Each structure stands twice: as structure tokens, then as C-alpha cells.
Amino acid sequence: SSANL
Amino acid sequence: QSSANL
Amino acid sequence: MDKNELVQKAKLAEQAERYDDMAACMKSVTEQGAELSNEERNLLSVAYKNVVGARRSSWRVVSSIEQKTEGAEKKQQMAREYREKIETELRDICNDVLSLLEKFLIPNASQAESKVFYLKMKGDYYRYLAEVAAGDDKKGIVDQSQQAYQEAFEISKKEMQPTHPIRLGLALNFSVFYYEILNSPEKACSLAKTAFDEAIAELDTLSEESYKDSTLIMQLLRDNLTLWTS
Amino acid sequence: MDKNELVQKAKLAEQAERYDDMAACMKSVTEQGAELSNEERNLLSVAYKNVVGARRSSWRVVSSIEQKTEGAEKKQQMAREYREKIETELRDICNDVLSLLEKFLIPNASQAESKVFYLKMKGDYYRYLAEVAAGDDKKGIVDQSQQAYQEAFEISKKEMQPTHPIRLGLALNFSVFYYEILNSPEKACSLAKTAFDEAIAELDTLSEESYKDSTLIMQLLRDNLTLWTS
Ligand SMILES: O=C(O)c1ccccc1O
């Protein structure tokens, strides 16, 4: 699970 | 908003 | 087998949440001219609901921004023109559905159940056009919506049980039309209350395959009544 | 169109959840050749994340269906041809972004902050290509992703504070790359743990403008660590 805006 | 929706 | 492949592709598109692909598959199925099964009818309905639904949602957001930017001339003009672009897409989608209903779906419906389903659908897509219409155009559109819903309403009262999900779903949308389009809260409340009370009086007529849909619509009818009488 | 007009239209499209419109506006802004502001950079990033995101999500659904169809050759073929169609769209979007980064964004980045931002973005879009690539060209794509992330990683360690959201966001995605693309759980855990611990040791460097983004990424880093060590 990568970067959240 | 509460329709069937359809 | 070709129609069956288009239907399988539509079901794949539904799972992938690719509703333009889903609608294109079901539009091609409809255009083959054969009467749609209950499954096909529902796949076509789900596809276009999501396609039109995205535009109705965007329209509401942009209209709210347009109202909130009163005083800022550049910002408000931009919100107005983007709303106009969304409306054009919305009208094109509604006209696509209404054309399928007039040419294939309504003339070939051989059962009361499917005829009521398509007439309610005609009522719904003219109602979506009415939500963004103005002037003389609006009067005609609103009329068309009311006529489709009225014919569906009369057939359902004559041929279907009060607990039938299609009869209930129609009463839900027709009451929404009176409240939101015709600005008639009392007619909307009277329709919704009658539909709820007639279904409550005949709960013995419920079927194992559709009791969930029926009870969910009954809950939606009563939620609207509570909201409109508060 | 005017630069400030295109940016306002992109912000309207974002609120309306019309990410194709948002990306088209920001692509035109980028193509004007002038260095993007922090706001413009973020609008371009959000737009393409959602555009590519919809394809990555659809790809996962369709691949899962294709794998669970082991046994039915014709039905499996349909899911495979649909996955390939989704992959083509995904590759076209990634190639679009990577072209913007090489031609305009990376050469014109005049600060360490924006240079790190664009190199992380280059790492991300080659990683998305790597997720749908096979054998021989996959190796080159994986190498391009690692090189972009490595250069961004070195600049961030030298020029940014451990709590900087861009430095943290880069450590989050680079650790995801080691775990998911290189199949190296220990290097992924080591990268994520170091980034979390160094930010925890310097919480006094948090700013009011970016403490929300920093703490959210720290939570995501630790969530990954918990998942990868279970
Ligand atoms: O729980 C976390 O991951 C966390 C992250 C940032 C700051 C304090 C925290 O407990």
C-alpha cells in the first residue's frame, strides 16, 4: 500500500 | 436523495 | 452464443467498474431486436444508471460551486460553462436510453412486469432531463415524464401485487417526481403513503426471491415520507 | 487556453470527480513549458493518479477472474482479452505521464523539493508499467523505476527533513517497490522502518501546513511494516 493523496 | 434508484 | 458473449462481457465490465463498456455491450444486445430477459434488462439498467449517475452527481457539485461563487465573476462564469458541458453529456446519455426504450424495449415488452419496468425507466430518464431543463423545453419534458410514470402506474395497479418490487420502485420514483419536479409535497406524500400502506396490508403476497427488494423499497418510501413531513 | 483558466477548470473537474478532464487541463498547462507551482504539480499528480488508478483497479479484478477461471478455456480467453485491453490503456496513460516528466517536469525543476517530487513520480509510473510487464522488457522497466526512486532517495536524504511529506511519501513508495516488484520483504521493511524511526525522532520539525500529510504517511509506513512482518 503506497502514497495517499 | 432516495429514488429506487432504477 | 453471440448475444451470450456480449452479456458475459457486460458482466465482466460491471465487476471491473467500467460502465461505459457495460452500457455499450447492453446497447448492442438491445439493438439485436429480441426481447430482453430479466438478467439482461437489469444489466442494461445498472450500466446506464452508473453512466448517467456520474453526470447527475457532477452536475450537483458544479451547480453548488456556481451558487457559492456569487460575487467572483470569473469563478462563477467558469462553473456555469462547465455545468453546461456536463448537461450536454447528460442529455446525450438520456436521449440514447430513451431512443432504446422507444425503438426496442417498450414495443417488444410482452408482459406487464417488463412493460411497467420500461415505462418507469422512460419516466426516470425524462425526469433526469427535467432536472437540467429550462423554459418551454422543460414543460414538454416534464409532461413526458409524468405520462410514462402514469401509464406504468395504471398497469402496475391492475396487474401486479402491492408488494411487487417493480410496482413499489415505480411508486417510489413517481412520488420523487411529484416532490422534486412538480413541487407537490402533498401528492408525493399521498402516493408514497398509499404504496407503503397497501404493501403492509398484503405482506403474505411476498416471495422468498424478492422480499428483500420489496422491504428495502418500503423502507425508502417511509424514509421519504418522514423527510417530506418534517 | 490561459494558464490560470486551465488550472481553475482542473480544480472544478477535481470537485466533479471528472479526472479525464482534470488530467487533460494539467497536461496542457505542463506543455506550455513553464515550471509548475506546488499547486499545479499536485493537481497534475492527483489527476493522473485517479486516471491510472481506475485501470490498475480494473486490471486486478479481471486478472483475479481470469485465474479463478482455470478450467474453462473459452471463458478464460474473454477475461484475458479484456485484461490486455485494460493493459493497453494503462500503458498509454503511463507513457503519457513519463513523457511529460522527461520533456518538461524533470529538466525544469529548479528546487530539490520539486526534483524529488518528479523523480518519485517517474519511479511510480515505471512501477505501474512493471506490474503489467513480462520477462525481457520488464527487466528494463524495473531498472528505470529503481533508478528514478534511487536518485530521488539520495536528493531527499541530503536536502529534506525526515518529516517532509515528499521525503516520507518517497520512502513509502520505494519500500512498496522493493516488496511488490523486487520481491525483497527485508529491504522493504528496512527502508520503511528507517523512514518511520527518523521521522519519529524529529517530530519538532513538523510544520502546521504539512503535519497532517506527514503523520498520515508515517501511519501508512507502519501499516505496511505490520502487514509485511505478520
Ligand atoms: O501510529 C502511528 O503510526 C503514528 C504515526 C505518527 C505519529 C504517531 C503515531 O502513533
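Sequence lines map to chains A, B, C, ... one by one, in the order shown. For chain A, we keep the numbers from the PDB entry: what you see runs 616-620, in order. Note that chain B is numbered according to the PDB entry, with residues 615-620 shown in order. Here chain C follows the PDB entry for its numbers: 1-230, in order, are the residues you see. The numbers used for chain D are those of the PDB entry, and the residues that appear cover 1-230, in sequence. Only this structure's heavy atoms are used, side chains among them; waters, hydrogens and symmetry mates stay out. Order of listing sets the numbers, starting from 1, for every ligand and every atom in it.
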Practice task
Determine the main partner chain of ligand 1 by heavy-atom contacts under 4.5 Å and name it as in the PDB entry.
Solution key: 14-3-3 protein zeta/delta
Exercise for the section: List the drug name recorded for ligand 1. Expected result: salicylic acid
Problem - salicylic acid (ligand 1): other chains, heavy-atom cut-off 4.0 Å - result: D
Exercise for the section: Write out the binding site of salicylic acid (ligand 1) as chain and residue number, heavy atoms closer than 4.0 Å. Expected result: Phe196(D), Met218(D), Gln219(D), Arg222(D)
Handout entry: Proximal salicylic acid (ligand 1) atoms for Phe196(D), defined as those under 4.0 Å from one of its heavy atoms
Key = 3 (O), 5 (C)
Exercise for the section: Heavy-atom contacts with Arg222(D) under 4.0 Å: which atoms of salicylic acid (ligand 1) show up? List them by number with element. Expected result: 1 (O), 2 (C), 3 (O)
Practice task
State the atoms of salicylic acid (ligand 1), each with its element, that fall below the 4.0 Å cut-off from a heavy-atom position in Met218(D).
Solution key: 5 (C), 6 (C)
Problem - Contacting atoms of salicylic acid (ligand 1), where contact means under 4.0 angstrom from a heavy atom of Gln219(D) - result: 2 (C), 3 (O), 5 (C)
